[PDB]
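Structural view - oxipurinol in its complex with Xanthine dehydrogenase/oxidase.
Chain A corresponds to the first sequence line; subsequent lines are lettered B, C, and so forth. Numbering, chain A: per the PDB entry, residues 593-642 in sequence. Residue numbering for chain B follows the PDB entry, covering 3-164, 193-528, 538-1317, 1326-1332 in order. Numbers in chain C track the PDB entry; the residues on display, in order, are 741-790. Residue numbering in chain D adheres to the PDB entry, whereby the residues present occupy positions 1037-1135 in order. Heads up: this isn't the whole entry, just a piece of it, and contacts are only counted within that piece. Atoms within a ligand are numbered from 1 in the order they appear, just like the ligands themselves. Just so it is clear, the values below take in all heavy atoms, side chains as well, and ignore hydrogens, waters and symmetry mates. Per the header: X-ray crystallography, 2.0 Å.
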Amino acid sequence: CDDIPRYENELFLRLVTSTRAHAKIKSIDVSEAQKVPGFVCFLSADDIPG
Amino acid sequence: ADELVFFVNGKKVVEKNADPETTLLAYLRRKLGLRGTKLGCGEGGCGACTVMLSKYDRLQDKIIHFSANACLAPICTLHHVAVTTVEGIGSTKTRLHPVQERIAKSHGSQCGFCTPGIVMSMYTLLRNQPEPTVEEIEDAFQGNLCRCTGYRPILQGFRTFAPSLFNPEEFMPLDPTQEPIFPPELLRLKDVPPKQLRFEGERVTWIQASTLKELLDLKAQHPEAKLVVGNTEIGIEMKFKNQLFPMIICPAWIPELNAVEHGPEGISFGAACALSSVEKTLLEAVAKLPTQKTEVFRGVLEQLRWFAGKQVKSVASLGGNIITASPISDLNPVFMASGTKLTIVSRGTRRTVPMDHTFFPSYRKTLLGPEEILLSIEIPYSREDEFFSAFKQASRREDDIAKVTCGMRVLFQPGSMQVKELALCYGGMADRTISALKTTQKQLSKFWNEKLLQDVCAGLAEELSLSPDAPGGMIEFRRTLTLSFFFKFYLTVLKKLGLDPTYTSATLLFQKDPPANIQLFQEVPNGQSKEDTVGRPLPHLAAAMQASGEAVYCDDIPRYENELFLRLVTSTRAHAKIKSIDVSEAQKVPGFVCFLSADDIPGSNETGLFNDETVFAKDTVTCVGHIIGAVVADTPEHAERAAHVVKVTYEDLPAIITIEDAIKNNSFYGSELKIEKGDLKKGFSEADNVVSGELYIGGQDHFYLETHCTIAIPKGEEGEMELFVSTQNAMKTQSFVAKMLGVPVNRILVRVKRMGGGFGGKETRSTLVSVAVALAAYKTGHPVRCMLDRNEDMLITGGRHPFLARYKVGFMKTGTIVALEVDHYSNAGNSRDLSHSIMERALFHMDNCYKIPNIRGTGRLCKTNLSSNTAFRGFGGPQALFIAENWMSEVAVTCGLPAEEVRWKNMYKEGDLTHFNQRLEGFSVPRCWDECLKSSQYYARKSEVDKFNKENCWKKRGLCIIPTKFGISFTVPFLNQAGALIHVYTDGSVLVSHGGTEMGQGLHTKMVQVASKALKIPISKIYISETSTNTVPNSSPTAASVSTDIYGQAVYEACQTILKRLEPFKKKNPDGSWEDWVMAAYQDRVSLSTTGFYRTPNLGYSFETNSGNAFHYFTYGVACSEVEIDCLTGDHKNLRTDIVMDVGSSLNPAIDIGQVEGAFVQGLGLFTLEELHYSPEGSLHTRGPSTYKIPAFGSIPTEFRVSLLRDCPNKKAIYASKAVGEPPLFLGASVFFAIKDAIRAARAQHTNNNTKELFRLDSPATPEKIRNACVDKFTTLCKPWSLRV
Amino acid sequence: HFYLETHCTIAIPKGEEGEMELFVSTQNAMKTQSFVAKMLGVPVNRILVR
Amino acid sequence: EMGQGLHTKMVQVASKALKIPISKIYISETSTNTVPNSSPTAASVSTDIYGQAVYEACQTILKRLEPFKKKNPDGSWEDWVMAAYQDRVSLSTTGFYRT
Ligand SMILES: Cc1cc2nc3c(=O)[nH]c(=O)nc-3n(C[C@H](O)[C@H](O)[C@H](O)COP(=O)(O)OP(=O)(O)OC[C@H]3O[C@@H](n4cnc5c(N)ncnc54)[C@H](O)[C@@H]3O)c2cc1C
Ligand SMILES: Nc1nc2c(c(=O)[nH]1)N[C@H]1C(S)=C(S)[C@@H](COP(=O)(O)O)O[C@H]1N2
Ligand SMILES: O=c1nc2[nH][nH]cc-2c(=O)[nH]1
Ligand code: MOS
Ligand code: MOS
Ligand code: FES
Ligand code: FES
Ligand SMILES: [Ca+2]
Ligand SMILES: [Ca+2]
């Protein structure tokens, strides 16, 4: 799969995962992620169209 | 280097390293990933690249919006401009803009490749005028071309902004308050006064001058620097003439070059003012000022009506037109005749000079010094006793290069008819704009009278001479126009000084009546389910995505990061030995990867349908355009530049170019083809009359708006390769790529999503590109792609076969035919390809709709040093049908009988046998004919035509009604086969795959309609993604108009298997849904996957025995057309066309009427506008829309009526439908035969009174052929010692 | 599992009618296709898994 | 294919059933637009069930070629396949198996 050449406009996804076995998600803050060069977006449940 | 800062669809773009050679189109497509804007020509003629530009006007304190060609707009002209593309106005993902919704719902989009360009032309109009007039709407599209639709539905849908195929009450009204705002950041930057900018590219430096002082300093330091305003000349010079200007200055910002001053002698325009600004100022002047003051202004406006289109007029500068000094400038003759005043400046100098004959001393030069720039132009008020005309004649009225163009001015002594000043200035008659000074000088102090007319004509004939080797040719036509223009001026001036009423129309400037369009078709039965869409006018399923720019064509596929570009290296010689190839210059171009030739091929260099072609030339080239090799580079521009400097050394061989050359040299492919029935000798013996002649029909270029293109992806395993191809023939693409690689066919996957046009051009000739790009992917191990530039496409890929015919027809005094012999010769070019099958179909259509008891037709394929000719919509049919109607037209003239009576009395009857012994069953021509005669009011209009011809000396009308029949099936029996593959997924959604490809004809739409009816589920549950060789193998090319018939049956059969498998589940749960039955089948382990297959029964004609069925059935139709010719210029109007087409029970009357209108307009193009010109040495001159004129929006019949015949089920095809793709093209010949009728009226008037003369009119009947056939006192002005008595 | 190739997906959005082509390291192209379709809220016939 | 040689076994099966060399048979990939509604490759059963499905597809091809084989019994596989194509016989089929 990853040997397939990338498109010139191909982006890369990295999963954000829980560090807790069982918890409420109180908030998510992406304000530090946003400053990393080449950041495109943060996806979460609300972005799902279906 | 400065930052370039502009906006695209409201989003700021900061380009830190602008290259001055970068076009907006390349930037949009390759840097911003907005692939809705298309490349169709790269030369400003097609409008596929249209965008809207918006900027703040300093001098007007307002936001202005205008259209532009992105192919010619340098990004370096766009600092602080806002661009809007198709993606900026709407999308299927958000909401369509009214313009998008209406072109899609109106059936204005077929292949869809022109749709974004036409959307952006219409959008721009609406942003300037939210409630335009019908004339403003038509004028929006002077610079847009569509090959598919025949324009009628685009204009009728958009007319809504000023049973049924569409319902305008469904349409969302336009709401200008909801348009995207002008970018607020741009409106803030309007406050900061401009600064000089510098952009540095790989080869070119660009200075944007902010002030006049900066401009004059730069020109003093760099006198060689090219100014660029519009780039509509320099862009052509750089791209097509291999010119490199290392320094460019753009003075477009300078207020003095943009100023408009109303003075006492006239109106001054800055040299950077756009022609559209000039036009708007002069129109306002003509509305406000007295007639006598605006004579020159109205001359300028008349030329600007016919000057390119909106996109080019919105960016083209006055100063650019004047200083380019093209021999064919439409404005320089007007500026010269009027003595328009030119203000010229350099650092520390300024002068004003009236333009006169000395301003243009030689080819492309003016009397500016190298340090000088044109600052401003004053177009003069006309005086008392001063009159002006301006005239342009070209190949096509709209967006064309002048053949001849002029400005004419006369000044009389006060209150008199006595000439004080006369100026007749012409373009197109020399290497510069010229004045007929010798001629006009002899008339000073003469009076405006018949003797002055005769003297000026004889003088123009002597002074404006053309040697037989004049560039452009058409020597007799151009000389005639120079006189014919003066005659029009002469009569116009008599009227303005004050004519016989039969002379008045010669003085009228072009005027069209408003359009009238009626479509008639059959309502579906009262009881038919709403989910059964068969027989309903369902729009093309991709129409909305085509209108939004979301529809992906091959080059729109994103490139891989490691993807390379291929440029073909082609022969510049008709026939030569290749002695050496030197790549040493090419290897120096940055990003050069390799040069490929025959020796790089790992399998076979033998290719082509008959194995008689090279993949790459070896030892010899056999046409101009013959592919020798290919450059691969890191960008398309680097591939182009490197290919251009590959040096091939040739040794010329004797060349055979023309049909006559081939006949003389015995250069033919195979032996004569022949059909013979009855007894020719006895038939000619019985004949009252015999006419013999010869006829020629010119070729045709497909002009698919999307040119050929292939992406080849090498997988690096077992020879595997996946190709994305613009082709009608995925199967031959696969086998040809496999044969060249020397790998099994099972290693090669070809995928065809859609084509932006094919029209037969992509049935075989697409492999020329596919196999070269596949070799490049094989050799590099990288993805490679190539999309042909228009000029490469026209040169290399072939066209319709030119035909020469020798005919002999025996008939009775009644017009009844008793004998016919026709010898056909086709120009086949340098390989067989489909030439043999095309000649077979020509021979099968030499009868048209006429019973001929004694008949012999022969065919020869001429083998020539021209690109190989191929399939074109009609496939030999249109040539043979044209030859038929030409001798039929001559029988009616010879007999002195009305042509419709002679056609009717010769027509086949139900159950007759053709000349190839096939029985005509359901022969509907008689119903189409009687209905077309009635609804066209033919008889009443024939007397109106005769009345107009009596009342008009210099204009004539013609009327003709012709039938056609078209045999439906591949003439190659084994091609009449079709496969489908259908999957039902566990959600009940259906994926259909079939062997057919989509090129705009709505095949996938019809196949979805067919599957939805067969399965009894809504179309919403069925999808067709693409065509691919790993879903349906061994597919026939999408060709011969049979795709709906054969893929419809294969899909139908696959649906029946699915129904039979679900039957047990439907029975067990009769109240269930589709989804319940499908899930229950899945859970019971029943397969929801099947093939379908169809084999057309009872086909197999033999030329040896003249027996067996050639065709499954015939599609029939009738067309009546009326034209008006201008006997003095050769221009004509298409006034009215009525068509009645038998398409059986139409699966989709919107798509079928669209096929009839599209086909009819491509035929109209074939017979009246489209001409390819070649050097005596075999080099194509005509290689883009600038010189090859396809039908334009303004070309179509003004009243355009289409009816589909009612109550005519065809039991020989799927749901009682008939093939419609090709059959209607020949009906375009109705316009040709109406033009011939009109020319006979012109020749009765001024040539001779032989009412039975047979003058030869070849195809196409261009303005040259029409003007030259109208023999008169003018053609006559434009010798041997002894003559035997 | 310690498959030497970890999980991998390439997703290519075609931009037309919700169409997507996915290259996937999976034993279950069918559930990949129906799960991607369910999340997008498009019919399964729009999703190609290779 | 995950390393267990399923494609290898399916080529070996198709070669035996068709009586042609494995060199004439190729498997490129698995795709939802060629075979829909597939069970996951699992439970060790893929050779058993896809082997049956391939077998049955090969039996349909052989039945289609049979008239051409009987017409030209000394001909090659390639002669029979071209004769079938020219006679407008379909050389595409599904196979299926239900345990
Ligand atoms: C599709 C199409 C259709 C066309 N139709 C027609 C037509 O019907 N009739 C016709 O006559 N032309 C036609 N043209 C030609 C062209 O559009 C016009 O000549 C136009 O006026 C050129 O102006 P521009 O600003 O684009 O010139 P550019 O290409 O920007 O420059 C043209 C030349 O003028 C020089 N120049 C420009 N401004 C000045 C100045 N102030 N002082 C000195 N030198 C200057 C430049 O150095 C250059 O040599 C057509 C072009 C296209 C692409
Ligand atoms: N819009 C559009 N219509 C078109 C074409 C095309 O390329 N674009 N090709 C024509 C030709 S040459 C043929 S043979 C048929 C093939 O399609 P069909 O068999 O599905 O009618 O479409 C005709 N109509
Ligand atoms: O080989 C053929 N190719 C064709 N294209 N369109 C009609 C055709 C025919 O009769 N034969
Ligand atoms: O038969 Mo159309 O591809 S000329
Ligand atoms: O059944 Mo194997 O995929 S655990
Ligand atoms: S691509 Fe720009 S006008 Fe044709
Ligand atoms: S729809 Fe206009 S070129 Fe095809
Ligand atoms: Ca072509
Ligand atoms: Ca040929």
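Across the structure, oxipurinol can be traced to ligand 3. Other chains with any heavy atom closer than 4.0 Å to oxipurinol: B. Looking at the UniProt active-site residues in chain B, the one nearest to oxipurinol by heavy-atom distance, rounded to 1 Å, is B/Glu1261, 4 Å. Using 4.0 Å as the cut-off, the other ligands and ions neighbouring oxipurinol are ligand 4 (dioxothiomolybdenum(VI) ion).
My check of the UniProt [2Fe-2S] cluster-binding residues in chain B for heavy atoms under 4.0 Å from oxipurinol returns no residue. Intersecting the UniProt Mo-molybdopterin-binding annotation for chain B with heavy-atom proximity to oxipurinol (under 4.0 Å) gives B/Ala1079. Which parts of oxipurinol touch B/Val1011 is read off a 4.0 Å heavy-atom cut-off, strictly below it: atoms 1 (O). Each of the following atoms of oxipurinol lies closer than 4.0 Å to a heavy atom of B/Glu802: 3 (N), 4 (C), 5 (N).
The closest protein non-hydrogen atom to atom 7 (C) of oxipurinol is B/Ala1079 CB, 3.3 Å. What sits closest to atom 2 (C) of oxipurinol on the protein, heavy atoms only, is B/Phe914 CZ, 3.5 Å.
Those atoms of oxipurinol with a heavy atom of B/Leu1014 less than 4.0 angstrom away are 1 (O).
Contacts of B/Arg880 with oxipurinol, taken as heavy-atom pairs under 4.0 Å, involve the side chain alone.
Those atoms of oxipurinol that come under 4.0 Å of a heavy atom in B/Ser876, given as number and element, are 1 (O), 11 (N). With respect to atom 11 (N) of oxipurinol, the closest heavy atom belonging to the protein is B/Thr1010 OG1, 3.3 Å. Binding site of oxipurinol, heavy atoms within 4.0 Å: B/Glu802, B/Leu873, B/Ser876, B/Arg880, B/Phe914, B/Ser1008, B/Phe1009, B/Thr1010, B/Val1011, B/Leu1014, B/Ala1078, B/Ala1079.
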